[PDB]
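Drug on board: vebreltinib.
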Amino acid sequence: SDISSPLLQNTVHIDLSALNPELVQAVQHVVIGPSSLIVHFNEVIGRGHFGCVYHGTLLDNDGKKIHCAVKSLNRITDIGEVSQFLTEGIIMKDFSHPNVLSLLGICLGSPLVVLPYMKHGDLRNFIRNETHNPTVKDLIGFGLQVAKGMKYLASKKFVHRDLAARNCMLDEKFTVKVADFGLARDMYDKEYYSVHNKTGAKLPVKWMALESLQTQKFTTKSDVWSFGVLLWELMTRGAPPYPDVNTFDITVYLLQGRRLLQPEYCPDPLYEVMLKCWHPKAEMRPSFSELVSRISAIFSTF
Ligand SMILES: Cn1cc2cc(C(F)(F)c3nnc4ccc(-c5cnn(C6CC6)c5)nn34)c(F)cc2n1
């Protein structure tokens, strides 16, 4: 009734006055009460170009304290670009898959992206840790899990656009979740991104398909490309792709027909899968449901 004590569902109207009405109801379904979440600003567990990520404490229908990471959007200053960002990714609320990063809620100067806590961090930093010992079968299992969640996202006609081993997280059961999409989309390691200078688009050149560099029209076939590079990172346990090829001549490398070489510890049937995902004709690349068929057969056998 008042300016000072409005109901929670109305605080979407108040603190997000630049939002679509369609989107007002969308983020009205996913509001988090401030008295139900404590944000630890004492330590940052993640930094992105829109803001930092903090450890949080979400309180549910019972007092149960579920750990979380809470993504801050403080650095995006324009309260109309914020509204655009919520327009891009609120569709995450409809997604539910064991291999996909879910969204717990949006709290409320910018809003707060409340996401499940990932005990083991991102997929790349895990496979690169000296003190970690994943076998060959393990890393293929990781590439199996991302293929499933990708197959789920592909079924929603959803183009993630930035599939890479730095953008998939690991919970405490080592379930891989595709992340870095929607409200979680950001640049969590700036080194690999080119900002286009007409479109503001952010480009992960080492992971983008060849048609994506020529046109900037991302598709479901272009994530298949990014998935085989993801296979490549796993088999090299997180090595940078194309260390002898800087971003500029990357197109010259791929227009010649040259791809990433077979790693020392990648089975030939798995490296053959990589080459099919990098086919110059996008419509002839394997689907994510065909990928899950091939990788499972490779993951079981030796
Ligand atoms: C302990 N924990 C931290 C979390 C961060 C997020 C996140 F930030 F929101 C997020 N969503 N998708 C992604 C994809 C990649 C990264 C990411 C972060 N760091 N890195 C390494 C430097 C490159 C990649 N984060 N991320 C999350 F949802 C849950 C989390 N749990």
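Nothing fancy with the numbering, it's 1 onward along the sequence. Every number for a ligand or one of its atoms is a count from 1 in the order of the listing.
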Next on the checklist: Quick one: what's vebreltinib bound to in this structure? I mean the chain with the most contacts, named like the PDB entry names it.
Outcome noted: Hepatocyte growth factor receptor
Checklist entry - For vebreltinib, which residues in other chains have any heavy atom nearer than 4.0 Å? => result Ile45, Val53, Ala69, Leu101, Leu115, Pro116, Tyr117, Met118, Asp122, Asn125, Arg166, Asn167, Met169, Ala179, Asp180, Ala184, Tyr188
Checklist entry - In this entry, what organism is named for chain A? => result Homo sapiens
Checklist entry - Do any nitrogen or oxygen atoms of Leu115 lie less than 3.5 angstrom from nitrogen or oxygen atoms of vebreltinib? => result no
Checklist entry - Which vebreltinib atoms, with their elements, are less than 4.0 angstrom from a heavy-atom of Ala184? => result 11 (N), 12 (N)
Next on the checklist: Taking 4.0 angstrom as the limit and counting only heavy atoms of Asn167, give me the atoms of vebreltinib inside it, by number and element.
Outcome noted: 14 (C), 15 (C)
Item to check | Nearest active-site residue per UniProt, chain A, to vebreltinib (non-hydrogen) | outcome: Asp162, 8 Å
Item to check | Those atoms of vebreltinib less than 4.0 Å from some heavy atom in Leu101 | outcome: 11 (N), 12 (N), 28 (F)
Checklist entry - Can you list the vebreltinib atoms lying under 4.0 Å from a non-hydrogen atom of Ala179? => result 11 (N), 12 (N), 13 (C), 14 (C)
Next on the checklist: Quick sanity check for my notes: UniProt domain of chain A with most contacts to vebreltinib?
Outcome noted: Protein kinase
Checklist entry - Short list, please: which atoms of vebreltinib are under 4.0 Å from a heavy atom of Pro116? => result 29 (C)
Checklist entry - For vebreltinib, which atoms have a heavy atom of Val53 less than 4.0 angstrom away? => result 5 (C), 8 (F)
